[PDB]
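Caption: PDB structure containing dihydrotestosterone.
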Amino acid sequence: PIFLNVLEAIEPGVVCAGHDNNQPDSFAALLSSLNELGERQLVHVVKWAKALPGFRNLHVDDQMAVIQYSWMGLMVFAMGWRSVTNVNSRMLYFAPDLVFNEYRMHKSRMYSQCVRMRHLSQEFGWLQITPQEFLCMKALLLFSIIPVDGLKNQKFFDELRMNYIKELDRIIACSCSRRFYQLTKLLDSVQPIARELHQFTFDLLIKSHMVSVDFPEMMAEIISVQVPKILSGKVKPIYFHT
Ligand SMILES: C[C@]12CCC(=O)C[C@@H]1CC[C@@H]1[C@@H]2CC[C@]2(C)[C@@H](O)CC[C@@H]12
């Protein structure tokens with residue numbers, strides 16, 4: 001099981017937000033901590049993606065683009081997994097030092113987005129997603145959002161994505177169609193969540209200095225240059241179902 005060996009081997013370890021849990025929960029503090037967490041996880045996502053089977057087959061520019069478009073979906077998917085794994089789904093396990101209870105979901109001003117993420121977390125439970133289904137789905141997520149004008153080498157991308165789909169199907173196969181159906185619906189359900197988070201972070205970046213939220217430099221760059229391409233519809237998710 002070469003493919004599965006790789007995905008398991010490359011899976012990132014624990015990442016902390018560096019949040020001060022001893023201090024009363026403010027909007028500014030919670031959101032600055034989520035931003036810092038995002039920046040730290042982006043480093044890990046980049047090294048993960050580069051080690052994925054076939055990833056180096058893409059043009060350098062497509063490598064960068066797929067990561068910049070997909071990171072929100074990928075991080076949310078992993079966060080959902082951690083959440084089923086560690087806590088119990090009233091809660092969102094962003095990091096060991098950054099666990100959201102309902103009170104925090106409210107103070108972050110992200111309550112409804114958090115409700116969507118928790119629904120995702122719960123779905124992993126209800127579908128009884130295996131660790132190996134999780135790993136293959138996460139890999140697929142990196143190849144599920146592209147510019148409508150195409151990538152530099154769209155042909156290699158379409159081939160990469162096909163191969164990850166085949167890998168998910170094998171992991172299922174090893175009825176079957178019911179399971180593939182359910183997993184593809186679950187993958188699709190990540191995309192509305194990512195879209196609402198993209199809107200939210202974009203708004204927050206615009207009004208950031210007003211509300212005293214810090215955006216690390218890499219975060220501010222991607223949210224101002226790449227996230228607006230998704231919100232304006234220049235970059236769109238690939239859905240399995242209509
Ligand atoms: C990806 C992160 C951070 C990593 C993670 O575990 C999931 C989580 C989802 C909410 C994101 C956050 C990064 C910072 C964002 C983008 C904030 O600006 C608003 C929503 C936050």
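Positions are given from 1, in the same order as the sequence printed here. Order of appearance sets the numbers: ligands from 1, and atoms from 1 within every ligand. Excluded from the calculations below are hydrogen atoms, water molecules and symmetry mates; all remaining heavy atoms, backbone and side chain alike, are included.
The largest share of close contacts with dihydrotestosterone comes from the chain named in the PDB entry as Androgen receptor. An N or O contact shorter than 3.5 Å links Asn35 to dihydrotestosterone by distance. Here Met72 has side-chain heavy atoms under 4.0 Å from dihydrotestosterone, and that is the only part of it that gets that close. UniProt domain boundaries put most chain A contacts with dihydrotestosterone inside NR LBD.
Per the PDB record, the organism listed against chain A is Homo sapiens. For dihydrotestosterone, the atoms sitting less than 4.0 Å from at least one non-hydrogen atom of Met79 are 6 (O), numbered in the order shown with element in parentheses. Dihydrotestosterone is approached by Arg82 to a heavy-atom distance shorter than 4.0 Å.
At the top of the distance list for atom 21 (C) of dihydrotestosterone, counting protein heavy atoms only, stands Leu34 CB, 4.5 Å.
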